[PDB]
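Numbering of chain A is taken from the PDB entry, so the residues present carry the numbers 4-113, 119-131, in order. Whatever order the structure lists them in is the order used to number ligands and atoms, beginning at 1.
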Amino acid sequence: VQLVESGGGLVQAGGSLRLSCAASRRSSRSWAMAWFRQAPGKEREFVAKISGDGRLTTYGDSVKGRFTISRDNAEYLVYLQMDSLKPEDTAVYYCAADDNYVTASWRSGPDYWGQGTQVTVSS
Ligand SMILES: CN(Cc1cnc2nc(N)nc(N)c2n1)c1ccc(C(=O)N[C@@H](CCC(=O)O)C(=O)O)cc1
């Protein structure tokens, strides 16, 4: 099972970017999904998570009100809409899956991890 992140690249502060998460296989179980990000020298940090059915979301305090997480269970995609970007925000973004929604925001929670997509925000 491979998680594959898309949509990373070079963008401008105050811009928008959409990332997406895809999977190499479908599962018969309902998974909670998350995005995490990791800047040059730091820990992988929580960004957003979403319950199996798309009903529950929670956001890391630094992106709250700016990023929207949502999912399309038909196409099997997870999306991260990133509005009002800042130079901080520059990071490798990773999509992940977790068998429950409680642990999904905890670094050791997720059972599956993407290889990551580079987002760079200039001023
Ligand atoms: C976490 N997940 C990927 C996954 C799940 N839900 C999604 N949901 C959405 N909306 N978007 C995705 N990209 C998405 N990706 C998985 C997890 C396990 C396996 C897997 O090893 N296959 C087994 C394990 C799970 C099972 O027993 O059903 C299988 O038979 O399906 C597949 C994908």
**Message:** Just wondering, what drug is modeled at ligand 1?
**Reply:**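 Recorded as methotrexate.
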**Prompt:** Per the PDB entry, what is the name of the chain that shares the largest number of close contacts with methotrexate?
**Reply:**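 It is most in contact with Anti-Methotrexate CDR1-4 Graft VHH.
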**Prompt:** Does an N or O from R28, backbone or side chain, lie closer than 3.5 Å to an N or O of methotrexate?
**Reply:**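 No, since none of the N or O atoms of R28 sits under 3.5 Å from an N or O of methotrexate.
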**Request:** Please verify whether a non-hydrogen atom of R29 lies at under 4.0 Å from methotrexate.
**Result:**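 The answer is yes, since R29 has a heavy atom less than 4.0 Å from methotrexate.
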**Asked** Which option, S30, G55, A26, owns the non-hydrogen atom nearest atom 31 (O) of methotrexate?
**Response**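 The option holding the nearest heavy atom is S30.
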**Prompt:** Numbering the atoms of methotrexate from 1, which are under 4.0 Å from a heavy atom of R32?
**Reply:**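 Reading through methotrexate atom by atom, the close ones are 28 (O).
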**Contact bool for atom 28 (O) of methotrexate (protein heavy atom, d < 4.0 Å)** =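 Given the 4.0 Å limit, the answer for atom 28 (O) of methotrexate is yes, a protein heavy atom qualifies.
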**methotrexate binding site (4.0 Å, heavy atoms)** =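 Heavy atoms under 4.0 Å: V4, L6, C24, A25, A26, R28, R29, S30, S31, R32, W34, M36, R74, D75, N76, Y79, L80, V81, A100, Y120.
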